[PDB]
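Written below as structure tokens is the structure these notes are about.
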Amino acid sequence: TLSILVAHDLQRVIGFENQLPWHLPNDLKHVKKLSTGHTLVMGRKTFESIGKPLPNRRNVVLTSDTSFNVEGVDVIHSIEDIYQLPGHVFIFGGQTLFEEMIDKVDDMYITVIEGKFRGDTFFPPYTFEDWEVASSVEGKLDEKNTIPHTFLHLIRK
Ligand SMILES: COc1cc(Cc2cnc(N)nc2N)cc(OC)c1OC
């Protein structure tokens, strides 16, 4: 199964100055729950943002730089390489990988950040004519998670 995994805001912002503009440990816990024991595929910029591979899952970096290597990370150089990865594979970003994969994936796990933040990188537009909401769950708020957010699982219509 090939899935997108993304957190974006009401204007599809997915980053500002190479970071998430919101701080939502609850979203990071969502990511842990979905992807632990599976595979994340991400662009080099997203990898350099997380700094180190996320534990307890396969971390795959897609980059055109054949000189790129990191202990604990598998590196690929083509989109085609993704289709040969075993198991459940989550496309983890960033913008250009999302743009390349949105028409190709089976489903999407989206955290909608229910606010409008500063942004300089964006998830591609999508329509609920192409996507069906399989589940929608409001995120819980606490002192460390202060922005309303909604967890969606979308499948093709
Ligand atoms: C684990 O940390 C980060 C994760 C992400 C990607 C990401 C984060 N959340 C969700 N739901 N999907 C994603 N693809 C992006 C980040 O920065 C841009 C991160 O830095 C904290």
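One-based numbering along the sequence shown. Numbering of ligands and ligand atoms starts at 1, following listing order. Quick check of the header: X-ray crystallography, 1.5 Å.
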Margin query: Would you mind finding the main macromolecule in contact with ligand 1 and telling me what it's called in the PDB entry?
Written below: dihydrofolate reductase
Next item on the list: Tell me the drug found at ligand 1.
Entry: trimethoprim
Checklist line | trimethoprim binding site, heavy-atom cut-off 4.0 Å | finding: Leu5, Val6, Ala7, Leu20, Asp27, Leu28, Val31, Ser49, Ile50, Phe92, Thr111
Margin query: Hmm, which UniProt domain of chain A ends up with most residues touching trimethoprim, do you think?
Written below: dhfr
Note to self: Counting non-hydrogen protein atoms only, what is the nearest one to atom 11 (N) of trimethoprim? Give residue, atom name and distance.
What the structure shows: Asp27 OD1, 2.9 Å
Next item on the list: Name the closest protein heavy atom to atom 6 (C) of trimethoprim, giving the residue it belongs to and the distance to 0.1 Å.
Entry: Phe92 CZ, 3.6 Å
Item checked: Protein residue, atom and distance nearest to atom 16 (C) of trimethoprim, heavy-atom basis -> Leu20 CG, 3.6 Å
Notebook entry, point to check: Where does trimethoprim share space with the UniProt NADP(+)-binding residues of chain A, that is, which have a heavy atom under 4.0 Å from it?
Noted result: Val6, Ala7, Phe92
Note to self: Can you name the atoms of trimethoprim, numbered from 1 with element, that are less than 4.0 Å from a heavy atom of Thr111?
What the structure shows: 11 (N)
Next item on the list: Would you mind checking which non-hydrogen protein atom is closest to atom 12 (N) of trimethoprim, with the distance to 0.1 Å?
Entry: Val6 CA, 3.3 Å
Next item on the list: Give the source organism of chain A as listed in the PDB entry.
Entry: Staphylococcus aureus
Note to self: Suppose I only count heavy atoms of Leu5 and a 4.0 Å limit; which atoms of trimethoprim are within that range?
What the structure shows: 12 (N), 13 (C), 14 (N)
Next item on the list: Tell me which UniProt substrate-binding residues in chain A have a heavy atom less than 4.0 Å from trimethoprim.
Entry: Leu5, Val6, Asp27, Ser49, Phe92
Next item on the list: Could you tell me the residue and atom name of the protein heavy atom closest to atom 2 (O) of trimethoprim, and the distance to it rounded to 0.1 Å?
Entry: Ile50 CG2, 3.7 Å
Margin query: Show me which atoms of trimethoprim lie under 4.0 Å from any heavy atom of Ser49.
Written below: 17 (O), 18 (C)
